[PDB]
Amino acid sequence: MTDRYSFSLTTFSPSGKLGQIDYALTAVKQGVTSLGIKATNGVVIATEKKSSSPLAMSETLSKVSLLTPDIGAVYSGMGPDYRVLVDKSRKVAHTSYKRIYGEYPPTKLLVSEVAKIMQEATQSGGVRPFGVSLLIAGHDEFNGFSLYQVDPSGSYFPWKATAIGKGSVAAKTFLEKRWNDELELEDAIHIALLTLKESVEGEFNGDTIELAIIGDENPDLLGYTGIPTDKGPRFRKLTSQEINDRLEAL
Amino acid sequence: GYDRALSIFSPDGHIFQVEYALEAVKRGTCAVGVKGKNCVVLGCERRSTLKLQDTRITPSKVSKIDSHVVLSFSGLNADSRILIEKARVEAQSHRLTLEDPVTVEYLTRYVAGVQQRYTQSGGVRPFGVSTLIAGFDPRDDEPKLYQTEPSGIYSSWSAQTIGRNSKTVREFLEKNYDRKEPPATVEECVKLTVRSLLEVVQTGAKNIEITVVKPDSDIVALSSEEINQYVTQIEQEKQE
Amino acid sequence: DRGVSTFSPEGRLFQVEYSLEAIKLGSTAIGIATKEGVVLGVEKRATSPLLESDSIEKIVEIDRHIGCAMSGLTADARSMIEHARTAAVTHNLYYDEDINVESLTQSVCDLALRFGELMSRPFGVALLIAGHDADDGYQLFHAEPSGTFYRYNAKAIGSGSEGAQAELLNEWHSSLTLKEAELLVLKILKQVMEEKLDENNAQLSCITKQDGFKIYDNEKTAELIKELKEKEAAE
Amino acid sequence: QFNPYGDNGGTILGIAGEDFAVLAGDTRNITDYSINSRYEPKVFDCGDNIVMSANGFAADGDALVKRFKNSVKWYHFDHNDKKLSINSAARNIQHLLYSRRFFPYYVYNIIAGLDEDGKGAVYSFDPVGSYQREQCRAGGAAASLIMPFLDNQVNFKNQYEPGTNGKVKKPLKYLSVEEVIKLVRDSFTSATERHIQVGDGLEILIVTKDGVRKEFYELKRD
Amino acid sequence: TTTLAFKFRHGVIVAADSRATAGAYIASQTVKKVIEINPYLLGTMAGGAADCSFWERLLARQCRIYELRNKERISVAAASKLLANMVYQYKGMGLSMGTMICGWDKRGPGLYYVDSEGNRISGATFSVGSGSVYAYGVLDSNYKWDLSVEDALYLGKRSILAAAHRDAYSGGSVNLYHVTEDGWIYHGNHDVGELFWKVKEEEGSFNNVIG
Amino acid sequence: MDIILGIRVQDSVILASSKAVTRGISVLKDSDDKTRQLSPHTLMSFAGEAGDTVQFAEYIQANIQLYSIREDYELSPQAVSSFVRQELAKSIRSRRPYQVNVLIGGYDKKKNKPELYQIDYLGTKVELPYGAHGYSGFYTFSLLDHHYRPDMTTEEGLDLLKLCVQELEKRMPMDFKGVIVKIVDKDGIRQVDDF
Amino acid sequence: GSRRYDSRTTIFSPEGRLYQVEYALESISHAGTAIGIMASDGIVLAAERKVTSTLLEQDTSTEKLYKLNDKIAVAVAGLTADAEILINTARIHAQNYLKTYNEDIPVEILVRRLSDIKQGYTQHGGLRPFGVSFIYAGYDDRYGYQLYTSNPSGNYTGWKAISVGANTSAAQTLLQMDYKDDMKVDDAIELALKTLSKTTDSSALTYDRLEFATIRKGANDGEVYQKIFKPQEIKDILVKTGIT
Amino acid sequence: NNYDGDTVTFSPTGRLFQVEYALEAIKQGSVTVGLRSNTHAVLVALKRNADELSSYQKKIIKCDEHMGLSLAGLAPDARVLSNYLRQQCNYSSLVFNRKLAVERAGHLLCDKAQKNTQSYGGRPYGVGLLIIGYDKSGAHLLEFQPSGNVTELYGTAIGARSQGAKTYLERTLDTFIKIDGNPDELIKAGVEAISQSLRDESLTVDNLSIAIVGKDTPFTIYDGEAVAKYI
Ligand SMILES: *[C@@](C)(CO)[C@](*)(O)[C@H](CC(C)C)NC(=O)[C@H](Cc1ccccc1)NC(=O)[C@H](CC(C)C)NC(=O)[C@H](CCc1ccccc1)NC(=O)CN1CCOCC1
Ligand SMILES: [Mg+2]
């Protein structure tokens, strides 16, 4: 046995292209649409819960994931790749930061660590790149609210608002017209639901849409009282009912 | 670990990777070595395709391995740094364990051995570098000039050149260099080295580097003006 | 591509057979064994007149009682010589005696097939290992990159090998003197060499019980060349 | 605390002649004040006309002999059935001993045979490989009892020629095998009287060009 | 043990006793404490017989491979340093060696003291062993540079005798060596028993002893 | 080894080191130089357990000489002293620590100032006008505290050093066989052949 | 076995070139142009962001100009993810040097170290090289202000003015024309922006498509200051030089 | 064809070509014969030279006092396998004070060769061996193929033209098996057997190599004037 693939599977072609990264980006293009919008007092991330079968319980499959109490993530592309990246991202937030500094990492540095993991899958021996693009929304004390995109290459960019996957080109155009620097969080949620309706074919309700926010601190979700400085997680996943309420005022 | 055999024999008994490494040397800038009666001179070509260069900080072509030995090269520049570092480490290791500085022959044998090792080790390619190693042994006044190449073979030379258009300058040296009476002085040795490079270089401005090594760790690099005076005198005699 | 340790349909290792082709391109080396000693001679083959020929070292001492000549990719021989010298001296450490020529040769040949995917390829050099010991007397061995070694009364390796071997077939007899063997190596080298044989482009050496392994001076070889010319002109 | 060493007693003796050599040793094996065996061989024919005896801590002695016998076997395989000379064996044994410089073989060791000129040879080893060719050597429990006797009766030490009064020494005349075996038996009979770990039996191995011969003599069993 | 060596005009003298001890018991009296590394290099032994023998024999093999690769006999300084670095690896582990590396090379006669503690010293006069302290008295008092070979050989011999007499763990016989630029020369084995009486009569020394 | 002293004056650094090497009850040598030139304007004296001292000094020497060749530039005495300290601080938590104390005397050609650093086997570094290792400072510091000025000449520094050595020779029970003295200044390193 | 699928990233071509290094350089030629200009009283680093969007958060964005320490900075051309791997290694090397010698690392030593890492990927390991070219701008007390470049081959050279990435041929010609030795920082700032403005593939050169930085002794007395320009500050210098 | 690049690849008909190519190297090798009675076992080997100046390559190797083999094919591979046998015979003696059974020696060689046929990177052994020995169950003869297959036989032959000697032994089976307590007659039958594989060349003094082991006979090799008796 032994892993005898100690050589790179991603290499430069004569034209300068890294083929496997391009092909990974093509897989991301085929994936279901997801988006993110940044407001003055929050960030929203959203996607469609594309259920593979009606017998399948789509509540058990979480496309939007908590990484830290103040950082959340959503993806487009290959689901299994995303699931393992979330596991690694959650762990690296502890091992490379929280266990050292005693606090959760700021958004940009956690993004930097995830990016590194994805870059290594693009150069290390005997592996293919991750077939996902991530959208990571988060908050921290000194940088405020922020939204980042991470690609299969490991490259990451900060966005005011953006979209990835199936109908990203049309969705990004829609967001350019609606976005301004004075948006409140509720306005951003409203715009997110409008943008996402264009890329969805079938049912459009709280059960087929997954949406989460980075906003105010939630002391009711903390689970304990007694420490003034601990005020609760800023990440919150909107319920099926909470989504439907905002679809009536749509 | 990556164990792949990159340097292997072909049906006609050739190791192509080693032979392709010699092609990288052929592409490299010209380097020349000439030993006089009491000195050795190392000449090096600088391609003038690169101007706006900062000549203060740009890596010089001739490298000191120890206070009494120098090394110039032709081929891949990045590869040469690895050999030079290894040679420098070995030079200090020899002083440390044997309480004498390396002989020029010993240092050459080490560098050549490193080059050979990279022609039959798994997962590595040969060095695309040929070197000219020159200097004087400790407490000796006999000039030493050696050459190495990617295959790992080495040998001593009265005068030798490597790199691009080395065929032309070797032709010049073969008819101009007399073994019975070598360049008696430093001037004659430098003049012959500059003359040989002028067959290939193009302009005699900032394209020629000269480094003179004398006995007892006396090593100095000539400046642009000093070299330019040689270039002037050579062509003025040529107009006849 | 294909494995480095692959057999051909004829039952030969591709790489070993290809390394033998590299040895055919090498400079000529000849060895002759007599009851008075073993003689080793080589073609230096300088690529240019500016190359100082005395730095070309194709004949090498392994121990006082064992010498060695090489042909092929000579850079590959350095680690083999190093191993041989270590093996010879190590045996002297463990057993307080000289090592048998055959045992030394066997130790060198054990390295040969240590290649795969250890070193990445076989050696591209053949060795003539000559020496003397108390048990089997004066001996000459031919060590190949296949791991095989044959003992020889006389042997030539390199570019002019098959032409030289046919000449050694006729000339060798069991009563050869050392002086006769010296002239015989010079004769056959002069025959297969491209350039004209002299003291600067050819080198002689021998191994005797009394004096041990010796590389001949250029002044000493020059006289043997002059002695050869006169005896050929004598008839 | 576990003590990996022990003392099994025993005493050995090697004497070199002009064209022969003997290696003798008692056959008694002991721990403390108990007898384990009255006949437990301690001197072995190791091949190539070499005899060997290593003991003190029996387990380490058995291992060393076993390893040297193995070394002889592999010397033949690797060097075309060449005969291992006594001087080559001695040097080989040094390296077997020093390989455990930091967990020594707790033994006295002596080998005997013939040198390459056919003359008798005896080599002596300390536990970590310091070896010496000698004419006469005793090792083990009663070594200090025997050696002074051999200095006197083999090398004629402190013996001068009558009439001269200390001016001229007794000349070093060689000894015969029969004369040597007498000194051996007298040495071990004397050692048996005054040393409690020596007794029961005496086994002698004689080495000539013809081969290796054995002789056995009883000793006191108290 | 008692061993000594000293540089002088005509090379270097090396002398040593031959006694080996195991407590109060004299195990041997025929030990060669001078090892011939090469025709131009000698090594002395003091302390652990096994240790000194093994490491100096292993050094002689290092010095030989040096000659093969370099076509040049090793220097006294390089040889002494190879030993020193070898024993330094096992420092604190229990090694017991007190050696002198004597020879003639390009810089002329050379003499280095090397021990298991880590010392490596160049010097014109050394003496190591339990009886060294007695030998130093005779050396220091009679040592010149302009000493004849005959007188130098006697000095080294007389110095060992002084130590062999007083030191209980020194004696047996004296081994002499003289190292020239043409190599070392063995100058015999001299029984102390016979040598003592001879020196007493010819020199007049040891008046306190009766004979 | 025994006594190593150092004094930084106006334009130079002076290092005085004992000559004796001792094995038990016997003086093996009386002319030992307990110093290595690390670079043309940096000198290091040393003292500690046998073997460790020379092995460490020569190891440092090799590293600084390697740096000099690689960069064609001489490291500042401060940079060298920091390198040495790290090697000793690394050593002290190793399986078998180097038992060595050093003084580093150098002339910084950039600042045109002499500099003296004292470093013990633990990796404890201190820059000083004068310093000593072992039992040396116990006898000498009172004289240095009294007589030392920072504007002293090299000749005045040597006279004060003679006074320090005279006190050592009077009150120390051990005979250290005098000292080898070396001066480090702008022109390099030299030995005072008469002291 | 696995041999079947090995691309063999570290081999010579018959012409004596390294395939992957050459193809990596081809990749870098499509990256945004980065320019470095060295003056007597400072260094300028200018670089063009690649086809941005209006929704990109520029003030918190960094894809071209990175800080290695207080004295040294780099401009990037190629794969950003690959560059960040190397940048973090260089930051660690600079701190190791500072811890060892208690002095800031000389510029060349840092450059040589990174270039040696790049070289290693071309000679052993069987991995693809880093698709990155750097422009190093830095200062130390030996050589003063220095500009270097390194590429995937691991080869590095010193410069007075240099460009990497797209349109370097055109850019280098323009720099060679207008550059002079007695030039100052303010003049060098103008030269860098003018060169980008002429070589750019975009319709017009604006503040949102640029990253800019200077290394000046224009810090209070004998010391060096790094200035990574803000979006508003790039907008002002574009008006000052007369481009917008 | 497409399935002979390495040892780890079966062909569509279930064949291992690299093993078959290794088997081919044996057929190119010089002839060697093995046969036994109830008391003794004999090896006879035709040695091969490079030319008239060269020596004749040795074919027979001793493994222990009671066991040894003859080779045909790559000689270095025989040195590796015989060295392994020497160690295994030796392990049995040192640990169990037991002479290694010839049948068990065959099982060990089989398993060592097999590992080289199932793993990537390595290669099969390119040599065939004839092992003879005398143990607690009497005389034995084994044939080793580098495919891994080991076979106990009354007699056999391997190498070039080995079919001639193998046919002779198949006829003589009933005769030579009964040659008990007569070493010279058993060798005669072996020398007569190997003679059936000769063409052009004949058995000379430095050409022939014989080895024998038996009840009160340690494994000994005969070369030179020691085999002139049987010519
Ligand atoms: C003078 C004579 C003494 O100082 C010299 O220094 C000589 C130098 C010569 C021999 C090269 N040194 C000795 O004689 C030396 C003194 C000594 C002893 C032990 C350790 C260090 C130094 N003696 C030996 O080395 C003897 C030599 C024998 C008698 C031939 N060897 C022993 O005593 C051995 C070695 C033991 C040993 C060393 C290191 C690790 C483990 C073991 N020991 C024994 O034989 C056991 N000994 C037998 C006597 O009863 C007590 C146990
Ligand atoms: Mg009793």
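Here is how names work: the chains are called A, B, and so on, in the same order as the sequence lines, proteins then strands, and each is numbered from 1. Counting starts at 1 for both ligands and their atoms, following the listed order. As a textbook-style caveat: the illustration shows part of the entry, and contacts are counted within that part alone.
Drug identified at ligand 1: carfilzomib (bound form).
The chain in largest contact with carfilzomib (bound form) bears the name, in UniProt, of Proteasome subunit beta type-5. Contact chains for carfilzomib (bound form) (heavy atom under 4.0 Å, other chains only): D, E. Residues contacting carfilzomib (bound form) within 4.0 Å (heavy-atom distance) are D/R101, D/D126, D/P127, D/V128, E/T1, E/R19, E/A20, E/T21, E/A22, E/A27, E/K33, E/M45, E/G47, E/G48, E/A49, E/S130, E/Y169.
Of the residues that UniProt lists as binding bortezomib in chain E, those with a heavy atom under 4.0 Å from carfilzomib (bound form) are the following: E/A49.
For carfilzomib (bound form), the nearest UniProt active-site residue in chain E, with the shortest heavy-atom distance to 1 Å, is E/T1, 1 Å.
Short version: covalent link, carfilzomib (bound form) to E/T1 OG1.
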